[PDB]
Q: 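Supplied in C-alpha coordinates, the structure appears directly below.
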Amino acid sequence: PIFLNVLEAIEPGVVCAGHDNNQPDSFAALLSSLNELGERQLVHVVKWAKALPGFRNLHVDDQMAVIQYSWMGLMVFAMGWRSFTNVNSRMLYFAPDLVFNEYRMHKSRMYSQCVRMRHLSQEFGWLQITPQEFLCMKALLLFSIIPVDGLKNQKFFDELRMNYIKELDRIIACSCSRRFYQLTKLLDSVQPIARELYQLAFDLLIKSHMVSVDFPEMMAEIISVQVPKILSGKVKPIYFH
Ligand SMILES: C[C@]12CCC(=O)C[C@@H]1CC[C@@H]1[C@@H]2CC[C@]2(C)[C@@H](O)CC[C@@H]12
(Lines of atoms letter the chains of each structure in order from A and count residues from 1; the text may use other names and numbers.)
(Lines give C-alpha, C1' and ligand atoms only; values in the text may rest on other atoms or scores of the structure.)
Protein backbone atom coordinates (compact mmCIF):
# COMPACT_ATOMS: atom_id res chain seq x y z
CA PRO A 1 0.00 0.00 0.00
CA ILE A 2 2.96 2.33 -0.54
CA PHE A 3 1.19 4.48 -3.13
CA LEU A 4 -1.89 5.09 -0.96
CA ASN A 5 0.28 5.71 2.09
CA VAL A 6 1.86 8.58 0.18
CA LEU A 7 -1.39 10.06 -1.19
CA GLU A 8 -2.94 10.08 2.29
CA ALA A 9 0.18 11.59 3.89
CA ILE A 10 0.37 14.55 1.45
CA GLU A 11 -3.33 15.41 1.20
CA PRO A 12 -3.73 19.11 2.11
CA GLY A 13 -5.54 20.11 5.26
CA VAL A 14 -8.23 22.73 5.82
CA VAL A 15 -7.78 26.05 4.03
CA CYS A 16 -9.88 29.05 5.03
CA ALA A 17 -10.95 31.77 2.61
CA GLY A 18 -10.64 34.61 5.11
CA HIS A 19 -14.21 35.67 4.40
CA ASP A 20 -15.89 38.18 6.72
CA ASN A 21 -19.23 36.43 7.18
CA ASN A 22 -20.92 39.37 8.88
CA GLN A 23 -20.67 41.63 5.83
CA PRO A 24 -23.55 41.48 3.33
CA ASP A 25 -23.52 38.82 0.58
CA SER A 26 -22.50 41.03 -2.31
CA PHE A 27 -21.08 39.91 -5.63
CA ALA A 28 -17.81 41.74 -4.96
CA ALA A 29 -17.32 40.39 -1.43
CA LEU A 30 -18.13 36.81 -2.44
CA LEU A 31 -15.94 36.77 -5.55
CA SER A 32 -13.07 38.52 -3.78
CA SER A 33 -13.13 35.84 -1.07
CA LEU A 34 -13.26 33.06 -3.68
CA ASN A 35 -10.23 34.61 -5.40
CA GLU A 36 -8.39 34.79 -2.08
CA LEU A 37 -9.32 31.15 -1.43
CA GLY A 38 -7.92 30.20 -4.83
CA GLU A 39 -4.67 32.01 -4.10
CA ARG A 40 -4.36 30.24 -0.74
CA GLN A 41 -5.23 26.84 -2.15
CA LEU A 42 -2.75 27.28 -5.03
CA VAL A 43 0.05 27.27 -2.46
CA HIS A 44 -1.11 23.89 -1.16
CA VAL A 45 -1.69 22.50 -4.66
CA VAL A 46 1.95 23.24 -5.57
CA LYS A 47 3.36 21.62 -2.42
CA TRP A 48 1.04 18.63 -2.87
CA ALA A 49 1.96 18.16 -6.53
CA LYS A 50 5.71 18.36 -5.94
CA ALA A 51 5.37 15.58 -3.33
CA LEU A 52 3.53 13.13 -5.61
CA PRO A 53 5.29 9.88 -6.54
CA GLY A 54 7.25 10.42 -9.74
CA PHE A 55 6.29 14.09 -10.17
CA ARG A 56 9.89 15.29 -10.04
CA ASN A 57 10.62 12.91 -12.95
CA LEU A 58 8.96 15.64 -15.06
CA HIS A 59 10.96 18.45 -16.60
CA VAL A 60 10.87 21.45 -14.28
CA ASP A 61 8.96 23.61 -16.77
CA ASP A 62 6.44 20.79 -17.29
CA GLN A 63 5.94 20.62 -13.53
CA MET A 64 4.76 24.22 -13.26
CA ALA A 65 2.78 24.05 -16.52
CA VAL A 66 0.81 20.97 -15.46
CA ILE A 67 -0.10 22.61 -12.14
CA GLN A 68 -1.02 25.84 -13.90
CA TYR A 69 -3.46 24.05 -16.26
CA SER A 70 -5.03 21.51 -13.87
CA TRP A 71 -5.57 23.64 -10.75
CA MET A 72 -9.23 24.48 -11.46
CA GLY A 73 -10.19 20.84 -11.90
CA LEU A 74 -8.19 19.75 -8.87
CA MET A 75 -9.74 22.46 -6.69
CA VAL A 76 -13.30 21.81 -7.85
CA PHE A 77 -12.94 18.05 -7.42
CA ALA A 78 -11.61 18.51 -3.89
CA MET A 79 -14.30 21.05 -3.03
CA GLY A 80 -16.89 18.57 -4.30
CA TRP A 81 -15.56 15.96 -1.88
CA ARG A 82 -15.59 18.46 1.01
CA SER A 83 -19.20 19.33 0.18
CA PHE A 84 -20.26 15.68 0.06
CA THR A 85 -18.64 14.87 3.41
CA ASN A 86 -19.61 18.10 5.24
CA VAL A 87 -23.00 19.42 4.07
CA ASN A 88 -24.17 16.43 1.99
CA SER A 89 -24.30 18.31 -1.33
CA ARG A 90 -27.07 20.93 -1.32
CA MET A 91 -24.56 23.58 -0.24
CA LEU A 92 -21.04 24.12 -1.58
CA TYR A 93 -18.30 23.90 1.06
CA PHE A 94 -15.62 26.03 -0.55
CA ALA A 95 -14.10 26.55 2.91
CA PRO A 96 -15.25 26.38 6.54
CA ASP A 97 -15.76 30.16 6.44
CA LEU A 98 -17.15 30.26 2.85
CA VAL A 99 -20.15 27.94 2.51
CA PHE A 100 -22.52 28.80 -0.33
CA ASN A 101 -26.24 28.51 0.28
CA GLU A 102 -28.73 29.15 -2.54
CA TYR A 103 -28.71 32.89 -1.81
CA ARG A 104 -24.93 33.11 -2.24
CA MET A 105 -25.19 30.98 -5.39
CA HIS A 106 -27.41 33.70 -6.83
CA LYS A 107 -25.51 36.75 -5.52
CA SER A 108 -22.24 35.30 -6.84
CA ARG A 109 -23.83 35.33 -10.31
CA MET A 110 -22.48 31.75 -10.59
CA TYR A 111 -25.73 29.87 -9.95
CA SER A 112 -25.68 27.58 -12.99
CA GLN A 113 -22.02 26.69 -12.42
CA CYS A 114 -22.74 26.02 -8.74
CA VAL A 115 -25.57 23.70 -9.79
CA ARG A 116 -23.11 21.70 -11.88
CA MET A 117 -20.59 21.71 -9.01
CA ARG A 118 -23.32 20.44 -6.69
CA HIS A 119 -24.06 17.64 -9.15
CA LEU A 120 -20.37 16.71 -9.18
CA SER A 121 -20.40 16.64 -5.38
CA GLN A 122 -23.44 14.38 -5.27
CA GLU A 123 -21.78 11.85 -7.56
CA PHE A 124 -19.40 10.96 -4.73
CA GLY A 125 -22.51 9.72 -2.94
CA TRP A 126 -24.31 8.18 -5.90
CA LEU A 127 -21.17 6.22 -6.80
CA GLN A 128 -20.12 5.52 -3.18
CA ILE A 129 -16.62 6.77 -3.96
CA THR A 130 -14.17 5.58 -1.30
CA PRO A 131 -11.50 7.89 0.14
CA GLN A 132 -8.84 5.82 -1.66
CA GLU A 133 -10.67 6.18 -4.97
CA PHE A 134 -11.05 9.92 -4.44
CA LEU A 135 -7.33 10.31 -3.72
CA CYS A 136 -6.22 8.38 -6.82
CA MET A 137 -8.74 10.11 -9.08
CA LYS A 138 -7.62 13.53 -7.83
CA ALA A 139 -3.97 12.70 -8.51
CA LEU A 140 -4.86 11.63 -12.04
CA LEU A 141 -6.57 14.99 -12.58
CA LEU A 142 -3.13 16.64 -12.35
CA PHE A 143 -2.13 14.65 -15.46
CA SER A 144 -5.26 15.27 -17.51
CA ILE A 145 -4.65 18.57 -19.35
CA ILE A 146 -1.68 19.50 -21.56
CA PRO A 147 -0.64 21.66 -24.54
CA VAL A 148 -1.66 20.37 -27.95
CA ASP A 149 1.99 20.87 -28.99
CA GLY A 150 3.02 18.68 -26.05
CA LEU A 151 5.18 19.26 -23.00
CA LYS A 152 8.94 19.78 -22.96
CA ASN A 153 9.47 16.08 -22.19
CA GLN A 154 6.17 14.52 -23.22
CA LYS A 155 7.52 10.97 -22.98
CA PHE A 156 8.06 11.18 -19.22
CA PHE A 157 4.58 12.68 -18.83
CA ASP A 158 2.98 9.86 -20.81
CA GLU A 159 4.77 7.28 -18.63
CA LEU A 160 3.73 8.99 -15.39
CA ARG A 161 0.12 9.37 -16.52
CA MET A 162 0.07 5.67 -17.44
CA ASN A 163 1.30 4.74 -13.98
CA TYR A 164 -1.39 6.81 -12.24
CA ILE A 165 -4.02 5.11 -14.40
CA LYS A 166 -2.59 1.77 -13.29
CA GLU A 167 -2.78 2.81 -9.62
CA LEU A 168 -6.46 3.69 -10.05
CA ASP A 169 -7.04 0.27 -11.59
CA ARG A 170 -5.30 -1.41 -8.64
CA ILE A 171 -7.37 0.45 -6.03
CA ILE A 172 -10.53 -0.70 -7.78
CA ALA A 173 -9.14 -4.25 -8.05
CA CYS A 174 -8.39 -4.30 -4.31
CA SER A 175 -17.60 -5.47 -11.29
CA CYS A 176 -14.05 -4.12 -11.62
CA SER A 177 -14.73 -3.25 -15.27
CA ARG A 178 -17.98 -1.45 -14.48
CA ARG A 179 -16.25 0.43 -11.65
CA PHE A 180 -13.39 1.63 -13.86
CA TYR A 181 -15.87 2.83 -16.47
CA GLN A 182 -17.84 4.72 -13.81
CA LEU A 183 -14.77 6.42 -12.35
CA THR A 184 -13.28 7.41 -15.70
CA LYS A 185 -16.64 8.86 -16.78
CA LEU A 186 -16.65 10.84 -13.52
CA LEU A 187 -13.11 12.12 -14.17
CA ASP A 188 -14.06 13.20 -17.69
CA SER A 189 -17.00 15.18 -16.29
CA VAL A 190 -14.68 17.47 -14.32
CA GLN A 191 -13.09 19.14 -17.34
CA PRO A 192 -16.23 20.79 -18.79
CA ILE A 193 -17.04 22.20 -15.35
CA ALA A 194 -13.51 23.53 -14.97
CA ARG A 195 -13.71 25.06 -18.44
CA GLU A 196 -16.85 27.03 -17.57
CA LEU A 197 -15.17 28.31 -14.40
CA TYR A 198 -12.05 29.23 -16.36
CA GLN A 199 -14.25 31.27 -18.70
CA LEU A 200 -15.90 32.98 -15.74
CA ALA A 201 -12.54 33.67 -14.10
CA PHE A 202 -11.16 35.23 -17.26
CA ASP A 203 -14.17 37.43 -17.92
CA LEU A 204 -14.17 38.60 -14.31
CA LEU A 205 -10.45 39.44 -14.35
CA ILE A 206 -10.91 41.55 -17.49
CA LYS A 207 -13.71 43.59 -15.92
CA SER A 208 -12.45 43.37 -12.33
CA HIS A 209 -11.59 47.07 -11.96
CA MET A 210 -15.25 47.94 -12.67
CA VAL A 211 -17.14 45.38 -10.54
CA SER A 212 -14.71 46.00 -7.62
CA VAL A 213 -13.45 42.40 -7.48
CA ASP A 214 -9.88 42.02 -6.22
CA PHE A 215 -7.56 39.44 -7.80
CA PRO A 216 -4.50 38.28 -5.85
CA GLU A 217 -1.09 38.26 -7.52
CA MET A 218 -0.76 34.63 -8.58
CA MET A 219 -4.43 34.36 -9.58
CA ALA A 220 -4.07 37.44 -11.78
CA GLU A 221 -0.93 35.99 -13.37
CA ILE A 222 -2.29 32.53 -14.07
CA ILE A 223 -5.67 33.73 -15.31
CA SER A 224 -4.09 36.16 -17.78
CA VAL A 225 -1.11 34.02 -18.91
CA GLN A 226 -2.20 30.39 -18.72
CA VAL A 227 -6.00 30.26 -18.68
CA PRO A 228 -6.29 31.94 -22.12
CA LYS A 229 -4.27 29.04 -23.56
CA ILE A 230 -7.05 26.73 -22.40
CA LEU A 231 -9.80 29.04 -23.63
CA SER A 232 -8.14 29.46 -27.07
CA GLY A 233 -7.62 25.71 -27.49
CA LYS A 234 -3.83 25.65 -27.24
CA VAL A 235 -4.15 23.56 -24.04
CA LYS A 236 -6.72 20.77 -23.98
CA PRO A 237 -7.96 18.10 -21.57
CA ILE A 238 -7.07 14.46 -22.03
CA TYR A 239 -10.35 12.59 -21.93
CA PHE A 240 -10.80 8.88 -21.43
CA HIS A 241 -13.93 8.45 -23.58
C1 LIG B 1 -11.11 27.48 -7.45
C2 LIG B 1 -12.17 28.16 -6.57
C3 LIG B 1 -11.59 28.34 -5.15
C4 LIG B 1 -11.24 27.01 -4.47
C5 LIG B 1 -12.39 26.05 -4.49
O6 LIG B 1 -12.74 25.44 -3.50
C7 LIG B 1 -13.11 25.92 -5.80
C8 LIG B 1 -13.44 27.29 -6.41
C9 LIG B 1 -14.08 27.12 -7.78
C10 LIG B 1 -14.48 28.48 -8.35
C11 LIG B 1 -13.28 29.41 -8.50
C12 LIG B 1 -12.58 29.54 -7.14
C13 LIG B 1 -11.39 30.50 -7.26
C14 LIG B 1 -11.79 31.88 -7.78
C15 LIG B 1 -12.57 31.77 -9.10
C16 LIG B 1 -11.63 31.32 -10.24
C17 LIG B 1 -13.35 33.02 -9.52
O18 LIG B 1 -12.51 33.97 -10.18
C19 LIG B 1 -14.36 32.47 -10.54
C20 LIG B 1 -14.54 30.98 -10.19
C21 LIG B 1 -13.75 30.82 -8.88
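Here chain A follows the PDB entry, giving residues 672-845, 852-918 in order. Header says: X-ray crystallography, 1.6 Å. Whatever order the structure lists ligands and atoms in, that order sets their numbers, starting from 1. Side-chain atoms are counted along with the backbone in the values below, which use heavy atoms only and exclude waters and symmetry mates.
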Q: Specify the drug or drug candidate at ligand 1.
A: dihydrotestosterone
Q: Can you peek at the structure and tell me the main thing dihydrotestosterone (ligand 1) is bound to, named as in UniProt?
A: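 It is bound most extensively to Androgen receptor.
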Q: Under 4.0 Å from any heavy atom of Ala878, which atoms of dihydrotestosterone (ligand 1) are there?
A: 16 (C), 18 (O)
Q: Show me which atoms of dihydrotestosterone (ligand 1) lie under 4.0 Å from any heavy atom of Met750.
A: 6 (O)
Q: At under 4.0 Å between heavy atoms, is it the side chain or the backbone of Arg753 that contacts dihydrotestosterone (ligand 1), or both, or neither?
A: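 Side chain only; the backbone of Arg753 stays clear of dihydrotestosterone (ligand 1).
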Q: Name the closest protein heavy atom to atom 20 (C) of dihydrotestosterone (ligand 1), giving the residue it belongs to and the distance to 0.1 Å.
A: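 For atom 20 (C) of dihydrotestosterone (ligand 1), the nearest protein heavy atom is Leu874 CD2, 4.3 Å.
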Q: Quick one: look up the protein heavy atom nearest atom 1 (C) of dihydrotestosterone (ligand 1) and list residue, atom name and how far away it is.
A: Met746 SD, 3.7 Å
Q: Specify the protein heavy atom at minimum distance from atom 7 (C) of dihydrotestosterone (ligand 1): its residue, its atom name, and the distance to 0.1 Å.
A: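 The protein heavy atom lying closest is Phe765 CD2, 3.8 Å.
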Q: List the UniProt domain of chain A that dominates the contacts with dihydrotestosterone (ligand 1).
A: NR LBD
Q: Does dihydrotestosterone (ligand 1) have any atom sitting under 4.0 Å from a heavy atom of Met896?
A: yes
Q: Using a plain distance cutoff, I'd like to know if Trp742 has any nitrogen or oxygen under 3.5 Å from a nitrogen or oxygen of dihydrotestosterone (ligand 1).
A: no
Q: I need the atoms of dihydrotestosterone (ligand 1) closer than 4.0 Å to a non-hydrogen atom of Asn706, numbered in the order shown.
A: 14 (C), 15 (C), 17 (C), 18 (O)
Q: Under 4.0 Å from any heavy atom of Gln712, which atoms of dihydrotestosterone (ligand 1) are there?
A: 4 (C), 5 (C), 6 (O)
Q: For dihydrotestosterone (ligand 1), which residues in other chains have any heavy atom nearer than 4.0 Å?
A: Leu702, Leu705, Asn706, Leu708, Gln712, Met743, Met746, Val747, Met750, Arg753, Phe765, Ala878, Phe892, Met896
Q: Between dihydrotestosterone (ligand 1) and the protein, tabulate every N or O atom pair separated by less than 3.5 Å, reporting distance only.
A:
from, atom 1, to, atom 2, distance (Å)
dihydrotestosterone (ligand 1), 6 (O), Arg753, NH2, 3.1
dihydrotestosterone (ligand 1), 18 (O), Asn706, OD1, 2.8

